Enquirer: 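For discussion: a PDB structure holding thioridazine.
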Amino acid sequence: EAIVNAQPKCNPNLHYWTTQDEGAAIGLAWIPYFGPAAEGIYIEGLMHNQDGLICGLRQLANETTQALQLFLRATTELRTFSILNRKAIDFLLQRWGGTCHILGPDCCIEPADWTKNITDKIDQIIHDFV
Amino acid sequence: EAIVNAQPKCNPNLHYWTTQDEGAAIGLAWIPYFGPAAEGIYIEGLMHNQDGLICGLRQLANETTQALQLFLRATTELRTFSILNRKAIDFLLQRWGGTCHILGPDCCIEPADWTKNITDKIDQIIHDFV
Amino acid sequence: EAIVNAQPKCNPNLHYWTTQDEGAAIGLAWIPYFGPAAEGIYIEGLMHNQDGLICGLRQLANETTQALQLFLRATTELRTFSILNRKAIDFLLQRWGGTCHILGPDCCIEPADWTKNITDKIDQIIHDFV
Ligand SMILES: *[C@@H]1O[C@H](CO)[C@@H](O[C@@H]2O[C@H](CO)[C@@H](O[C@@H]3O[C@H](CO[C@H]4O[C@H](CO)[C@@H](O)[C@H](O)[C@@H]4O)[C@@H](O)[C@H](O)[C@@H]3O)[C@H](O)[C@H]2NC(C)=O)[C@H](O)[C@H]1NC(C)=O
Ligand SMILES: *[C@@H]1O[C@H](CO)[C@@H](O[C@@H]2O[C@H](CO)[C@@H](O[C@@H]3O[C@H](CO[C@H]4O[C@H](CO)[C@@H](O)[C@H](O)[C@@H]4O)[C@@H](O)[C@H](O)[C@@H]3O)[C@H](O)[C@H]2NC(C)=O)[C@H](O)[C@H]1NC(C)=O
Ligand SMILES: *[C@@H]1O[C@H](CO)[C@@H](O[C@@H]2O[C@H](CO)[C@@H](O[C@@H]3O[C@H](CO[C@H]4O[C@H](CO)[C@@H](O)[C@H](O)[C@@H]4O)[C@@H](O)[C@H](O)[C@@H]3O)[C@H](O)[C@H]2NC(C)=O)[C@H](O)[C@H]1NC(C)=O
Ligand SMILES: CSc1ccc2c(c1)N(CC[C@H]1CCCCN1C)c1ccccc1S2
Ligand SMILES: CSc1ccc2c(c1)N(CC[C@H]1CCCCN1C)c1ccccc1S2
Ligand SMILES: CSc1ccc2c(c1)N(CC[C@H]1CCCCN1C)c1ccccc1S2
C-alpha cells in the first residue's frame, strides 16, 4: 500500500537522536561507573527528504497509530518491547513456516546457478558418449 | 501423544472470551481517551465439541500444568509473556537450525513440481537430437 | 576469533549451579504449594578443563562485558531476558533472511543425496534407450 502524506505540513528534514548499541568505547567509558550519565548517551544525525522518505515516514507513523493503539489495548504487558522481535519471527514464519515447494511463489529458494550445474554437467554423460 | 480426557466431567461447550488485536475500529473508538473501559474490550464466542476438541482441550490444559509450573519455578521473570514466541522460534530452529539435506526426513523442502521442470526438460536435449 | 585467557589466574574447574526447566517431578513436588522453597530448586555439577573450555569460558565472560554493558546502557528495559531469544532469531535471519541461492556460500541447503537421485535416475532415460 502506498504512503501518501495527508498532514497540514511536513517538516522535510529529520534531526534525530538515538543510542548506539555498542559504540566503539574509548578507554573505560563503557564502565557504567565512569561512563556518561543518562543525558549523555545519545547520538544525533540529520536526514533530508530524499525519495520523500521523511514526509512518508511522518505519514507512516501517523497511520500506524490506530493498529498500535489497538494492539496496546489488547495486551496486559505494562511496557511492550517485543514488537520488532515478533515482526522478525513473523517474517521467518511467512517464508519458512511450511514446506518450501521449489519454484513456487511462496518458496524463497533460488536454484538458478545450480540448474546450470546439472544442465551444464549433462555434456558429461551425453557429449562424453563413446 | 494422544489426549485422553480423564476428568470426572466435561463441559462439552466452551463459552469463551478473548480480545481482538485490531478490531475494525468504528470511528474514534480506537483512541484510548474515547474508547471502551477495561471491562468492555472483550469479544465472546461459543464452541461445541466437534472432533472432541473441547474435552481434549480441557484435558490438555490439565496435563500442561506440571511442565508449566516447573517452567515458572525455574524462571526469575515475574510475569512471563514469551512462551508462544519461544515456541515459534523453536518451530523454526527444528526445521531450519541446520543444513537442509534435500529429500531427507528433517528437511522440509519439496522439489516435486520442479523435478518435473528438469526431467520434463530432458526432451529438450535428448528428443531434440538432430 | 580465538579466546586467549589473559587473567592472573584460572580456576580450571567449574563447580556450577543451575535450575532444570522441567525436572522429572517426583509425586506432587511440582505443585508450588508442596514443592521446594527458593533455596532448594538448584542442581549442581562439576566440570573440568577438557579442551581448555573452563579457562576459555572465564576469558569469554570477561571479554563479553564491554558489549554487554554497552547494550544495557542503550536499553530502557529494567531487566533484560531476551538476549538469547534475539540471538536465536539472528541465527535464523542470517541463514534464511533472504533468498537461498542453492550451492551459494550463504545458502545452507545440501542437495547432495538428491543430486544422486537425478544423476542416478538418468540411466532410466539414457540406458533405457530401446
Ligand atoms: C493523523 O493525521 C490526521 C491528519 O492530520 C489527524 O487528523 C486529525 O484528527 C482530529 C481528531 O482525531 C481532528 O480534530 C477534530 O477537528 C474537528 C474540526 O476542526 C476544525 O476544522 C474543521 C475543518 O476541517 C472546521 O470546519 C471545524 O469547524 C473546526 O474548526 C473538530 O470538530 C473535532 O472536535 C476534532 O477536534 C483534526 O482536525 C484532524 N486533522 C486534520 C488535518 O484533519 C490525526 O489526528 C493524526 N493521528 C494522530 C494519532 O495524531
Ligand atoms: C488434572 O486432573 C486430575 C484428574 O481430575 C486432577 O487430579 C486430582 O489431584 C488431586 C491431588 O493433586 C486429588 O486430590 C486428592 O484426593 C485424595 C482422595 O480424595 C478422595 O477420593 C478417593 C477416591 O479416589 C477416596 O478414596 C478418598 O478417601 C478421598 O475421599 C485425597 O486423599 C488427597 O488428600 C487429595 O485431596 C484429586 O482427587 C484428583 N482428582 C481425580 C479425579 O483423581 C488434577 O488435580 C488436575 N490438575 C490440576 C493442575 O488441576
Ligand atoms: C577482564 O580481565 C582484565 C584482566 O584481568 C581486567 O583488567 C583489569 O582492569 C582494571 C581496570 O579496569 C585494572 O585496575 C587498574 O590497575 C592499575 C594498576 O594496578 C597495579 O598494577 C600495575 C601493574 O600492572 C602497577 O604498576 C600499578 O602501580 C598498580 O599497583 C591502577 O592504576 C588502576 O587505577 C586500576 O585500578 C586491573 O589491573 C586489570 N587487571 C589486569 C590483570 O590487568 C578487567 O577488569 C576484566 N574485566 C571485568 C569486567 O572484570
Ligand atoms: C522503511 S526503511 C526507512 C524509512 C525511512 C527512512 C529511512 C529508512 N532512512 C534511514 C533510516 C533512519 C530513520 C530514522 C532514524 C535513523 N535512521 C537512520 C533515511 C536516510 C536518509 C534520509 C531519510 C531517511 S528516512
Ligand atoms: C490445537 S488447535 C485447537 C484446539 C482446540 C480447539 C480449536 C483449535 N478450535 C478453535 C480454537 C479456539 C480455542 C479457544 C479459544 C478460541 N479459539 C477460536 C475450536 C473450534 C470450534 C470448536 C472447538 C474448538 S477447540
Ligand atoms: C560454546 S559451548 C560451551 C562452552 C564451554 C563449556 C561447555 C560448552 N560445556 C558444557 C556447558 C556447561 C557450561 C556451564 C554451565 C553448565 N553447562 C553444562 C563443558 C563440559 C565439560 C567441561 C567444561 C565445559 S565448558
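Chains are named by letter, beginning with A, in the same order as the sequence lines. Just so it is clear, chain A uses the PDB entry numbers, and the residues here are 502-631, in order. So for chain B, numbering is the PDB entry's, and the shown residues are 502-631, in order. Chain C is numbered as in the PDB entry; the shown residues are, in order, 502-631. Quick note: numbers below take in every heavy atom, side chains included, and nothing from hydrogens, waters or symmetry partners. This deposition comes from X-ray crystallography, 2.3 Å. Ligands are counted one by one from 1 in listed order, and the atoms in each one are counted from 1 as well.
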Enquirer: If I want every instance of thioridazine, which ligands or chains should I look at?
Expert: ligands 4, 5 and 6
Enquirer: What is the name, according to UniProt, of the chain making the most contacts with thioridazine (ligand 5)?
Expert: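 It is most in contact with GP2.
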Enquirer: Tell me the other chains with a heavy atom below 4.0 Å from any atom of thioridazine (ligand 5).
Expert: B
Enquirer: Among protein heavy atoms, which sits nearest to atom 17 (N) of thioridazine (ligand 5), and what does the distance come to when rounded to 0.1 Å?
Expert: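 Nearest protein contact, heavy atoms only, for atom 17 (N) of thioridazine (ligand 5) is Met548(B) SD, 4.0 Å.
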Enquirer: Distance below 4.0 Å between atom 8 (C) of thioridazine (ligand 5) and any protein heavy atom?
Expert: no
Enquirer: Determine whether the side chain, the backbone, both or neither of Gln551(B) has a heavy atom under 4.0 Å from any heavy atom of thioridazine (ligand 5).
Expert: neither
Enquirer: For thioridazine (ligand 5), note which part of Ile555(B) has a heavy atom under 4.0 Å away: side chain, backbone, both or neither.
Expert: side chain
Enquirer: Which residues make up the contact shell of thioridazine (ligand 5) at 4.0 Å, heavy atoms only?
Expert: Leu515(B), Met548(B), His549(B), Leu554(B), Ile555(B)
